[PDB]
Amino acid sequence: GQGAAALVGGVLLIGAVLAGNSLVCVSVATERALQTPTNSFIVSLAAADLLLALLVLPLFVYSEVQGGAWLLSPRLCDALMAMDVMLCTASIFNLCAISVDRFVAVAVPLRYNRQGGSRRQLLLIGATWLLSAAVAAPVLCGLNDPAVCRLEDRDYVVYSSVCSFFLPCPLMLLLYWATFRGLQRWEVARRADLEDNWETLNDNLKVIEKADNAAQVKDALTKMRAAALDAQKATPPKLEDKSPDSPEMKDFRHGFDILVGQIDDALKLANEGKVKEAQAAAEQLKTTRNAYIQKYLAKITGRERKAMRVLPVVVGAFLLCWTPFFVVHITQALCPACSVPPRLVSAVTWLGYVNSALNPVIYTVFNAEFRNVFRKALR
Ligand SMILES: CNc1cc(OC)c(C(=O)N[C@@H]2CCN(Cc3ccccc3)[C@@H]2C)cc1Cl
Ligand SMILES: CCCCCCCC/C=C/CCCCCCCC(=O)O
Ligand SMILES: CCCCCCCC/C=C/CCCCCCCC(=O)O
Ligand SMILES: CCCCCCCC/C=C/CCCCCCCC(=O)O
Ligand SMILES: CCCCCCCC/C=C/CCCCCCCC(=O)O
Ligand code: NA
């Protein structure tokens with residue numbers, strides 16, 4: 001009765017965690033549009049969820065069929081609980097790492113000399129996992145004084161409730177808040193104008209790629225030049241009060257000067273009838289914007305802020321799913337006499353674990369790139 005619901009519910013939960021989260025990892029692996037700094041953390045979150053389904057949920061379900069009785073070794077129980085605590089902590093610490101990472105990307109504009117990221121996200125992810133293991137490590141040493149698998153050490157439970165949850169949460173919330181406000185300060189008033197300029201650039205690079213002749217190339221380059229110059233005049237509020245002589249204003253203007261200079265050289269070539277050379281100059285121009293310009297066009301048009309919309313939904317769902325769990329557990333640990341109904345302890349646990357099945361759904365619905373890869377699984 002109570003056992004059959006756990007079994008069916010558990011097999012369905014485990015199936016849904018493995019299915020959804022493997023499809024996330026494979027998608028980041030197969031689709032170039034998904035290989036971003038942010039999605040490195042999303043893969044880390046997927047790993048945490050896959051590991052939960054592999055290492056924790058099966059014996060959790062088995063436990064639930066036995067009505068919470070634990071018939072196996074007490075050392076195995078300790079091993080399970082330490083893994084339980086670590087994976088929970090790792091999910092939270094990774095949501096925290098995202099907000100730290102995104103705040104820094106926003107607050108600290110950097111341009112590298114060489115190809116690729118710094119892999120600082122990977123280092124931060126490594127740090128996140130080692131920190132989660134550090135929080136969980138004492139559980140492995142055996143904290144209990146029976147036939148059930150529970151954390152009975154009240155000081156440990158309060159400690160981890162605070163470190164793993166009640167402390168990261170407000171800080172994470174403050175950081176997401178600062179991050180979103182930071183980006184907004186970069187978004188120009190005349191968004192649609194700058195989007196037009198941006199489309200002119202991309203549409204005409206494609207016209208150039210397939211041109212029949214030099215005049216088409218020259219016409220396309222001429223439009224690009226005008227759009228580059230317009231875009232150059234779209235100043236973000238972030239730099240509005242910055243003087244014309246400011247080294248941050250001198251930066252801004254410069255990226256567009258390099259661009260206009262490249263367009264001019266391609267123009268000279270097209271004008272002389274050198275189609276292939278003009279097309280190569282323009283392709284070489286698809287790489288100068290690939291880093292210097294386009295990164296911060298997505299920023300100043302509001303695209304970047306829009307693409308971050310999936311993150312609060314993920315954070316939100318995590319808070320909905322785990323807040324009841326941590327309120328129940330810290331209460332019990334602080335106040336033995338504050339009796340929580342066992343059926344509710346069971347409920348908030350399942351609620352916590354079902355979070356692990358939710359993120360793949362959240363990405364599919366609320367993020368455009370993920371939604372896109374998904375919707376072309378119609379093959
Ligand atoms: C990150 N902080 C914590 C996380 C916990 O579990 C996710 C718990 C917790 O009490 N977990 C219990 C301990 C075992 N776990 C369920 C389970 C897992 C595997 C086999 C049997 C029972 C329960 C949900 C406590 C803390 Cl402080
Ligand atoms: C935005 C702050 C966080 C909000 C709470 C997060 C909970 C996420 C849970 C997932 C279920 C969402 C179901 C909503 C479906 C409608 C979405 C839509 O209309 O585009
Ligand atoms: C418990 C319900 C959900 C609580 C969490 C809500 C979402 C967590 C993130 C909050 C940081 C605020 C970021 C702004 C979100 C909207 C984006 C925007 O309007 O620019
Ligand atoms: C992210 C959402 C944050 C929500 C914070 C509120 C949750 C914390 C409340 C739980 C404390 C329960 C108090 C238990 C009584 C302790 C009294 C005693 O120690 O004797
Ligand atoms: C490639 C996308 C991410 C990896 C796959 C995720 C696996 C779980 C997705 C299935 C959820 C289906 C329910 C809602 C479908 C939303 C599709 C849509 O909005 O058009
Ligand atoms: Na998780």
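Counting begins at 1 with the first residue of the sequence. Only heavy atoms go into these numbers, but all of them, side chains included; no hydrogens, no water, no symmetry mates. Counting convention: from 1, in listed order, for ligands and their atoms alike.
- As for ligand 1, the drug there is nemonapride.
- Taking the chain with most contacts, the partner of nemonapride here is, per the PDB entry, D(4) dopamine receptor, soluble cytochrome b562 chimera.
- Looking only at protein heavy atoms, the nearest one to atom 25 (C) of nemonapride is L151 CD1, 3.6 Å.
- Of all the atoms in nemonapride, the ones that sit under 4.0 Å from a non-hydrogen atom of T89 are 1 (C).
- By the criterion of a heavy-atom distance under 4.0 Å, neither the backbone nor the side chain of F165 is placed next to nemonapride.
- For nemonapride, the atoms sitting less than 4.0 Å from at least one non-hydrogen atom of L80 are 19 (C), 20 (C), numbered in the order shown with element in parentheses.
- Atom 10 (O) of nemonapride has as its closest protein heavy atom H329 NE2, 3.5 Å.
- The shortest contact between atom 22 (C) of nemonapride and any protein heavy atom is with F60 CD1, 4.1 Å.
- Regarding atom 2 (N) of nemonapride, its nearest protein heavy-atom neighbour is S160 OG, 2.8 Å.
- Compare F326, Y159, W322, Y156 by their heavy atoms: the one nearest to atom 3 (C) of nemonapride is in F326.
- Nearest protein heavy-atom contact of atom 13 (C) of nemonapride is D84 OD2, 3.6 Å.
- Chain A, UniProt TM segments numbered from the N terminus, heavy atom closer than 4.0 Å to nemonapride: 2, 3, 5, 6, 7.
- Regarding atom 8 (C) of nemonapride, its nearest protein heavy-atom neighbour is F325 CZ, 3.7 Å.
- The protein atom (non-hydrogen) at minimum distance from atom 16 (C) of nemonapride is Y353 OH, 3.3 Å.
- Under a 4.0 angstrom heavy-atom cut-off, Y62 registers as lying outside contact with nemonapride.
- Close approach of nemonapride to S164 (heavy-atom distance below 4.0 Å) involves ligand atoms 1 (C).
- Proximity to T349 (heavy-atom distance under 4.0 Å) selects the following atoms of nemonapride: 24 (C).
- Proximity to nemonapride (heavy atom under 4.0 Å) is shown by these UniProt (2R,3R)-nemonapride-binding residues of chain A: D84, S160.
- Defined by non-hydrogen atoms within 4.0 Å, the binding site of nemonapride is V56, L59, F60, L80, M81, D84, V85, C88, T89, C149, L151, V157, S160, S161, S164, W322, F325, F326, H329, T349, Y353.
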Provide, line by line, the atom pairs where nemonapride and the protein bring an N/O atom each to a distance under 3.5 Å; else say none.
{"residue": "nemonapride", "atom": "2 (N)", "partner": "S160", "partner atom": "OG", "Å": "2.8"}
{"residue": "nemonapride", "atom": "6 (O)", "partner": "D84", "partner atom": "OD2", "Å": "3.0"}
{"residue": "nemonapride", "atom": "11 (N)", "partner": "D84", "partner atom": "OD2", "Å": "2.9"}
{"residue": "nemonapride", "atom": "15 (N)", "partner": "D84", "partner atom": "OD2", "Å": "2.6"}

